[PDB]
Amino acid sequence: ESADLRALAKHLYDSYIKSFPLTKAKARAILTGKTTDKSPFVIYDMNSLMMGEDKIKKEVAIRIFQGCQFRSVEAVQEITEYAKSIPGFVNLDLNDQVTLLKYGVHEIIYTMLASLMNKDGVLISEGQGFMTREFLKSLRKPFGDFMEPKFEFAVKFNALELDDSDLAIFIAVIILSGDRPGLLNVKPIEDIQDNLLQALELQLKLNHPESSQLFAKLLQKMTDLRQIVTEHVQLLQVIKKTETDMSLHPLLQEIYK
Ligand SMILES: CCc1ccc(C(=O)COc2ccc(C[C@@H]3SC(=O)NC3=O)cc2)nc1
Ligand SMILES: CCCCCCCCC(=O)O
């Protein structure tokens, strides 16, 4: 029944709004001058970077990098709260639950990162600030190319014009992979994902009826996520070797194995 699929979609959207304080709908209202929300202080160089705490509640590159790192640990926390709400996920073997998160968590971070980006920069501090792509790329090596592959993806991805009710099901599909390395019981995972994929497919054609093959173009985007993740991992191993004094969160170290 299509009707059970819509109920699942409604359930996941509601759980996505409850788990993530900054939705794409809010992010786009901030980014584009809407009166439902307020304007971000823009950071484009070092003076505005230090002017930035005068509005938004060590060297500059390592400080920015370690805040982006604190934020990621926070998103991991929000993603795990979302994941538990995906029907059947808490019912799986605990070891497989850990494996799905470990491998799914960064692909979801960069999907939702895209909600907070345009070609020019990225919202920070829950929408209160905006950090210019040009500033980030001007950071000293090896940090200037830290964010550029996320912007390249985001610009391509934001072109699909997905909204939060689409994204809620898509990030569920990402978690419930079943081709993840080290999974004990693949088949229960594949059964949950086949359901999510049916819910996503219906959602896309009801919400985007004039968008030809949007289901397939979005599933292809999963290729770009995998490559962002693997590049970021390699870049981190270079930062850790040249910056032996920069501390990495154990939660992120446990995932990066
Ligand atoms: C590289 C892409 C990116 C993503 C998110 C952020 C953020 O920074 C947004 O969320 C925030 C904002 C501000 C801080 C302050 C940090 S935190 C600390 O430990 N000392 C500080 O100055 C922490 C987190 N930046 C960059
Ligand atoms: C985004 C510019 C403000 C820098 C520090 C913001 C507060 C730090 C935090 O929330 O962890």
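We number chain A the way the PDB entry does; in order, the residues shown are 207-263, 275-474. Atoms within each ligand, like the ligands themselves, are counted from 1 in listed order.
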Drug at ligand 1 from methylergometrine, mitoglitazone, quinidine, mofezolac, stanozolol: mitoglitazone
Largest contact partner of mitoglitazone (ligand 1) (naming from the PDB entry): Peroxisome proliferator-activated receptor gamma
Source organism, chain A, as recorded in the entry: Homo sapiens
Protein heavy atom under 4.0 Å of atom 3 (C) of mitoglitazone (ligand 1): yes
Protein contact to atom 23 (C) of mitoglitazone (ligand 1) [nearest heavy atom, distance to 0.1 Å]: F287 CD2, 3.6 Å
UniProt domain (most residues in contact with mitoglitazone (ligand 1)) of chain A: NR LBD
Mitoglitazone (ligand 1) - covalent partner residue and atom: none
Heavy atom of protein inside 4.0 Å of atom 13 (C) of mitoglitazone (ligand 1), strictly below: no
Mitoglitazone (ligand 1) contact on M364 by region, counting heavy-atom pairs under 4.0 Å: side chain
Taking atom 25 (N) of mitoglitazone (ligand 1) as the reference point, the nearest protein heavy atom with its distance: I341 CG2, 3.8 Å
Residue, atom name and distance, where the atom is the protein heavy atom closest to atom 9 (C) of mitoglitazone (ligand 1): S342 N, 3.2 Å
UniProt rosiglitazone binding residues in chain A within less than 4.0 Å of mitoglitazone (ligand 1), heavy atoms: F287
Closest protein heavy atom to atom 18 (C) of mitoglitazone (ligand 1), given as residue, atom name and distance to 0.1 Å: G284 CA, 4.6 Å
Under 4.0 Å to a heavy atom of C285 - the qualifying atoms of mitoglitazone (ligand 1), by number: 1 (C), 2 (C), 3 (C), 4 (C), 26 (C)
Which residue and heavy atom of the protein sit nearest atom 21 (C) of mitoglitazone (ligand 1), plus the separation: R280 CG, 4.5 Å
Protein non-hydrogen atom below 4.0 angstrom of atom 6 (C) of mitoglitazone (ligand 1) present: yes
Mitoglitazone (ligand 1) binding site, heavy-atom cut-off 4.0 Å: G284, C285, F287, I341, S342, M364
